[PDB]
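A deposited model with aminosalicylic acid.
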2 protein chains.
Amino acid sequence: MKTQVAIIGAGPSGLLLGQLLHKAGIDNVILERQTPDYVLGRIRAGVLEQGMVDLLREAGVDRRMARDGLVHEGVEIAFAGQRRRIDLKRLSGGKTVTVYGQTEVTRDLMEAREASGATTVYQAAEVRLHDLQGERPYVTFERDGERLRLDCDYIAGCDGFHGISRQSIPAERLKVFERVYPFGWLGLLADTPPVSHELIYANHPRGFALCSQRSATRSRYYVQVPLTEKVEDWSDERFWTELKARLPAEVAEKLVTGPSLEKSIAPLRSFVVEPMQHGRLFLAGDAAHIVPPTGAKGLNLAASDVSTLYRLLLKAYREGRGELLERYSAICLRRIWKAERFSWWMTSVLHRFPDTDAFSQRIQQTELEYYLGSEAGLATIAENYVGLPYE
Amino acid sequence: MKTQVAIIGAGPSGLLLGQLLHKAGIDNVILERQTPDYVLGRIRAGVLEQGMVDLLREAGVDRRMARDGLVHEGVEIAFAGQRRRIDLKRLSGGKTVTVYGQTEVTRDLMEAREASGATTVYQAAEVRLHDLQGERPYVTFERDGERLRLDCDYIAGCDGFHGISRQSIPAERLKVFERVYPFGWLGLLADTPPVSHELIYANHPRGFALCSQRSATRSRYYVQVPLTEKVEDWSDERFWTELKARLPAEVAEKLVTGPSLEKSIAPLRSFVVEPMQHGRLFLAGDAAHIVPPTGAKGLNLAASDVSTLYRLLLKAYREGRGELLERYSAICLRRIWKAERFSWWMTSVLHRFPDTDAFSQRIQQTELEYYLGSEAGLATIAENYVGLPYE
Ligand SMILES: Cc1cc2nc3c(=O)[nH]c(=O)nc-3n(C[C@H](O)[C@H](O)[C@H](O)COP(=O)(O)OP(=O)(O)OC[C@H]3O[C@@H](n4cnc5c(N)ncnc54)[C@H](O)[C@@H]3O)c2cc1C
Ligand SMILES: Cc1cc2nc3c(=O)[nH]c(=O)nc-3n(C[C@H](O)[C@H](O)[C@H](O)COP(=O)(O)OP(=O)(O)OC[C@H]3O[C@@H](n4cnc5c(N)ncnc54)[C@H](O)[C@@H]3O)c2cc1C
Ligand SMILES: Nc1ccc(C(=O)O)c(O)c1
Ligand SMILES: Nc1ccc(C(=O)O)c(O)c1
């Protein structure tokens, strides 16, 4: 087989790129290692920047989101007794965020693709990239037990952190920057009414807690836990009890608990690779960078990369300007680092770090007090939170 | 002898408190360990917040400053090639800073005090504090070889970091927060025209550099150096060469070098003591806290404490409300921590730290890029720089 752009991975990155391209006439083929069900079983993200909301509209996949997603005009930070609300709409100059599960975005994109009849190969084993620097690179894989070959002009590596894409670029061409946090998040999905109409990020002496939702009858909650904890050690009871212990007494007494639908521990990490490309291979999403979940930038950075790629690929294809693809990394990395800086800040002010002397404790508390008390400070939170402009 | 308020130390803190009090009718006595010349030989600070500028006016000691001080409406940060100017006046909502040597402030205050005939004892040895919790505390010292006793109601410990005041409070009553930086500043005073009409703070791969002035024909420059360096290792030549190496090529080629008047290495440190008082002893200035020189807060925090003390002492004395002095620490510590947070930030973004992996390098560079590029960010720099409001 042969296509124009070969897409490795059917997560949000891959599908969104696949949909935008297909809609513009550029044929693509998506190769996915797993089964659709397995993909749709991932809970992950729930917060979308406005820029991605419009990208979805542009991908023609927004009916359901426009109906079921929730627009939020403010978020709440709770520290040392108090609860401060950041009015995102006025502080950002009219911008907001939309709460809509990542699983849903995926579901919607998967519906759109199946209906378009565009090619998608799930359960594509042993994917290998070949001739990344020739005029005709190719992808090989196994379906059942046959080794097939796919010829294409370009390859978009949207296969995530553990994908094959990043490993296919010679180590000596890539420079890596990485930070691992000494903690992880233990998340919990439940079919219960959320505790607040807006999200609550809480800094507490026992660690960070987060109160989120997926809908009016579905809540997503998280608590900071040591990397040494195994999820089977945390029964529902323990989770609710621990959560309640970290929240404002008034919030805690309004909490409607219940049995979990999903529960898991996601470790925190920062990771950026430079550059994000090699010959005819371009990296997008988690295949190129990882951010701690604290500032909700992961899914959102995926979207921005994909937006930049789709638009450089249009010009190269319809306008015959293939030289523009050389600046892909330059464009993406600017946004990536800004997002990384914000995610790192959010993470350092809300989480309780192990082995912290008194001075840094006081500085963390004061960072909160200053930023949440100054008009200029609240603005740095708001404009970053809703998402900095696409360039 | 007997007075009302006994002041330990004749640095800026002590003199300013002494002048404000004396002007209000409250008699004070200042005890200084050294000679006037020795005090006036210290170069230290050169940047004053507006709030202190007015305090000086209120102390009736502003003629010379109003004439020789310089009002600055902007400062410049130089990093990775570029030079960005922060317009302080518009970003802070009309506020500015005044450049005027600390040695001058001292000189002016020392003139004012000698003329008022108010008591001042230089070369006061072996100062000891007694009865800090009684209704009548007292100070003892030696002048020549006689052990004198001074009776007072209150004692203001304005004797700096190595003073006797802080050591006179039982260790178990004070909680300390401290951070020591793995570097120091090697400053240099010269009788040469400054390189810019505004200050230039520079982040460079060899370390931080700072371009300041005292007047139109007198410059003060600094370069970051390891704590292991001794000032006699740095000849003038080496300083100028090293400075020029860390500045923007266009700035460096405009530099008018010359022989030094003064040269010294000041180590960086953060330090806060809680609370700042004990019985009838109240700590002010460096006797209570230390900040890295990066954000120019030292002399400025001294002034704010002294302002709070003078005003609580008025009420207690003339208005008979001695209970108000119990809240002295609460009032001062709020400002102190905010100032400490800003000085720490300034220090972490402009200095090159030893043993920093690639990720933190990129975050330091991006912290600069974001703050110096966002309107909300420049504002957090400006409002903090000019000085947050006195409460
Ligand atoms: C475990 C985990 C937890 C997360 N949790 C959060 C969270 O709590 N909140 C939040 O805001 N963000 C979270 N994120 C980030 C967010 O979900 C991601 O940023 C987003 O999924 C990235 O989209 P993507 O398409 O780049 O990668 P992915 O969603 O990882 O999609 C990559 C796809 O690649 C396919 N694939 C992988 N390797 C191969 C291969 N060699 N061959 C073919 N196909 C391959 C995979 O099966 C997967 O379908 C999480 C990410 C991870 C990995
Ligand atoms: C070495 C040094 C370098 C500094 N450099 C900078 C700089 O480069 N830039 C900047 O912005 N800020 C700098 N500062 C900070 C700024 O100068 C101080 O914040 C300011 O001097 C503090 O005023 P003060 O009156 O509290 O203390 P000081 O100026 O230290 O005055 C305290 C006085 O106490 C007297 N004294 C001490 N112990 C006794 C005792 N037991 N008995 C009686 N009298 C006593 C001392 O002789 C001194 O006169 C520096 C401070 C220090 C200590
Ligand atoms: N920072 C955030 C905010 C919300 C969620 C969420 O899952 O709803 C998250 O995973 C991270
Ligand atoms: N941060 C600053 C700014 C100016 C000076 C100065 O001495 O002029 C300083 O010592 C520190």
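Chains get letters A, B, ... in whatever order the sequence lines come in. The PDB entry numbering applies to chain A: residues 1-391, in that order. Here chain B follows the PDB entry for its numbers: 1-391, in order, are the residues you see. Counting convention: from 1, in listed order, for ligands and their atoms alike.
- Lab note - all copies counted, aminosalicylic acid located at ligands 3 and 4.
- Per the PDB entry, the macromolecule in most contact with aminosalicylic acid (ligand 4) is P-hydroxybenzoate hydroxylase.
- For aminosalicylic acid (ligand 4), the other chains with a heavy atom below 4.0 Å are labelled B.
- Residues of chain B that UniProt annotates as binding FAD and that have a non-hydrogen atom under 4.0 Å from aminosalicylic acid (ligand 4): B:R44, B:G46, B:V47.
- Neighbours of aminosalicylic acid (ligand 4) among the ligands and ions, at a cut-off of 4.0 Å: ligand 2 (flavin-adenine dinucleotide).
- Checked against UniProt, the substrate-binding residues of chain B with a heavy atom under 4.0 Å from aminosalicylic acid (ligand 4) turn out to be: B:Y201, B:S212, B:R214, B:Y222, B:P293.
- The binding site of aminosalicylic acid (ligand 4), defined by non-hydrogen atoms within 4.0 Å, is formed by B:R44, B:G46, B:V47, B:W185, B:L199, B:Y201, B:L210, B:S212, B:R214, B:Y222, B:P293, B:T294, B:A296.
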